[PDB]
Novice: 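Today's structure: one with amprenavir.
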Number of protein chains: 2
Amino acid sequence: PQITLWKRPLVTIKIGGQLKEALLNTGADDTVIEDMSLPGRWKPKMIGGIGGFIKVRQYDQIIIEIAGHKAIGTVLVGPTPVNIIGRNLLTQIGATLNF
Amino acid sequence: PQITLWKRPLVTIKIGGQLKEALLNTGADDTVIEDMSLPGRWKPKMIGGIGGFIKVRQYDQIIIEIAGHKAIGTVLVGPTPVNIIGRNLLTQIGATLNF
Ligand SMILES: CC(C)CN(C[C@@H](O)[C@H](Cc1ccccc1)NC(=O)O[C@H]1CCOC1)S(=O)(=O)c1ccc(N)cc1
């Protein structure tokens, strides 16, 4: 699709069998999702946002559907205002910015 | 242009007579620029994301050139670690997400 930006670019994602809402976020390198159970091990990651740096859980090679497109990659889990899909997964679904 | 998301979507902007580098950010409601002086009245605002909140000054009816395109709108100014062009100005230059 072509998504205009008059409203928040919210899409439906599917991860761990659960449907959630997430924001398509070109301003984030990484993908951050609110607390949930994911399979396998995690490793520590520090990420920086507008308020500063926080610690999150990094799960690699997670299967996640994003607006109907399958991606498999790194998902960070931690305290976020909204689930955010970052460039690591936007590139997998073939997303570009155009004007 | 069509901007790939392999790297950060950074562009050159001109605001208040100054050239700056800024992130094209679909995940941001508003535009927020590292602290600088702007003309006219302002009011305080709190904005929050990863790492919590920061206090900023809200200036309305500010003209910015974004990669050569003039747009006008609200600009927030404060201690952001990165210059952010948010949806309120991305819409004005006709920016869309496509996949
Ligand atoms: C958290 C989202 C929902 C909203 N933000 C935009 C996001 O793109 C934000 C932009 C940014 C990048 C680097 C440093 C600081 C900020 N990226 C971000 O945090 O990257 C983290 C998460 C994964 O990778 C690292 S915001 O800055 O908090 C914000 C809030 C309100 C307004 N009016 C404007 C901006």
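Lettering: A, B, C, ... assigned in the same order as the sequence lines. The numbering of chain A matches the PDB entry: 1-99, in order. Residues displayed in chain B correspond, in order, to the PDB entry positions 1-99. According to its header, the structure was obtained by X-ray crystallography, 1.8 Å. Counting starts at 1 for both ligands and their atoms, following the listed order.
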Novice: Show which other chains sit less than 4.0 Å from amprenavir, counting heavy atoms only.
Specialist: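 The heavy-atom check gives A, B.
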Novice: Checking contacts here: is it the side chain or the backbone of B:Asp30 that comes within 4.0 Å of amprenavir, counting heavy atoms only? Could be both or neither.
Specialist: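 Both backbone and side chain.
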Novice: Applying a 4.0 Å heavy-atom criterion (strictly less than), which segment of A:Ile50 is in contact with amprenavir: side chain, backbone, both, or neither?
Specialist: both
Novice: Tell me which one of A:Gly51, B:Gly49, B:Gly27 gets a heavy atom nearest to atom 2 (C) of amprenavir.
Specialist: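 Closest candidate by heavy-atom distance is B:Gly27.
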Novice: Below 3.5 Å, N or O to N or O, backbone or side chain included: is there any such pair between A:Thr31 and amprenavir?
Specialist: no
Novice: For amprenavir, indicate whether the residue A:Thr26 contacts it via side chain, backbone, both or neither (heavy-atom separation under 4.0 Å).
Specialist: neither
Novice: Between B:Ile84 and amprenavir, which residue portion shows a heavy-atom distance shorter than 4.0 Å: side chain, backbone, both, or neither?
Specialist: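 Answer for B:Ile84: side chain.
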Novice: Please report which non-hydrogen protein atom sits nearest to atom 31 (C) of amprenavir, along with the residue it belongs to and the distance in Å to one decimal place.
Specialist: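 Protein heavy atom at minimum distance: B:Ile47 CB, 3.9 Å.
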Novice: For atom 20 (O) of amprenavir, what's the nearest protein heavy atom and its distance?
Specialist: A:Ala28 CB, 3.7 Å
Novice: For atom 13 (C) of amprenavir, which protein heavy atom lies nearest, and how many Å away is it?
Specialist: B:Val82 CG2, 3.7 Å
Novice: Please state which protein non-hydrogen atom is closest to atom 8 (O) of amprenavir and give its distance, to 0.1 Å?
Specialist: B:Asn25 ND2, 2.7 Å
Novice: Around atom 21 (C) of amprenavir, find the nearest protein heavy atom and jot down its residue, atom name and distance.
Specialist: A:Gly48 O, 3.4 Å
Novice: Would B:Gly86 count as a contact residue for amprenavir, given that I'm defining contact as a non-hydrogen atom of the residue lying under 4.0 Å from a ligand atom?
Specialist: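 False for this residue.
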Novice: Looking only at heavy atoms, is any part of A:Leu76 under 4.0 Å from amprenavir, and if so is it the side chain, the backbone, or both, or is it neither?
Specialist: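 It is neither part, as no heavy atom is under 4.0 Å.
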Novice: What residues contact amprenavir if the heavy-atom distance limit is 4.0 Å?
Specialist: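 Within 4.0 Å (heavy atoms), the residues are A:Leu23, A:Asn25, A:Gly27, A:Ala28, A:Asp29, A:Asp30, A:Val32, A:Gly48, A:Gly49, A:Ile50, A:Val82, B:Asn25, B:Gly27, B:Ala28, B:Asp30, B:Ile47, B:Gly48, B:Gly49, B:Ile50, B:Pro81, B:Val82, B:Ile84.
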Novice: Quick check on amprenavir: any N or O pairs to the protein under 3.5 Å? One line per pair.
Specialist:
from	atom 1	to	atom 2	distance (Å)
amprenavir	8 (O)	A:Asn25	OD1	2.9
amprenavir	8 (O)	A:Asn25	ND2	3.3
amprenavir	8 (O)	A:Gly27	O	3.4
amprenavir	8 (O)	B:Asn25	OD1	2.9
amprenavir	8 (O)	B:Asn25	ND2	2.7
amprenavir	17 (N)	A:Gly27	O	3.1
amprenavir	24 (O)	A:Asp30	N	3.4
amprenavir	33 (N)	B:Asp30	N	3.4
amprenavir	33 (N)	B:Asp30	OD2	2.5

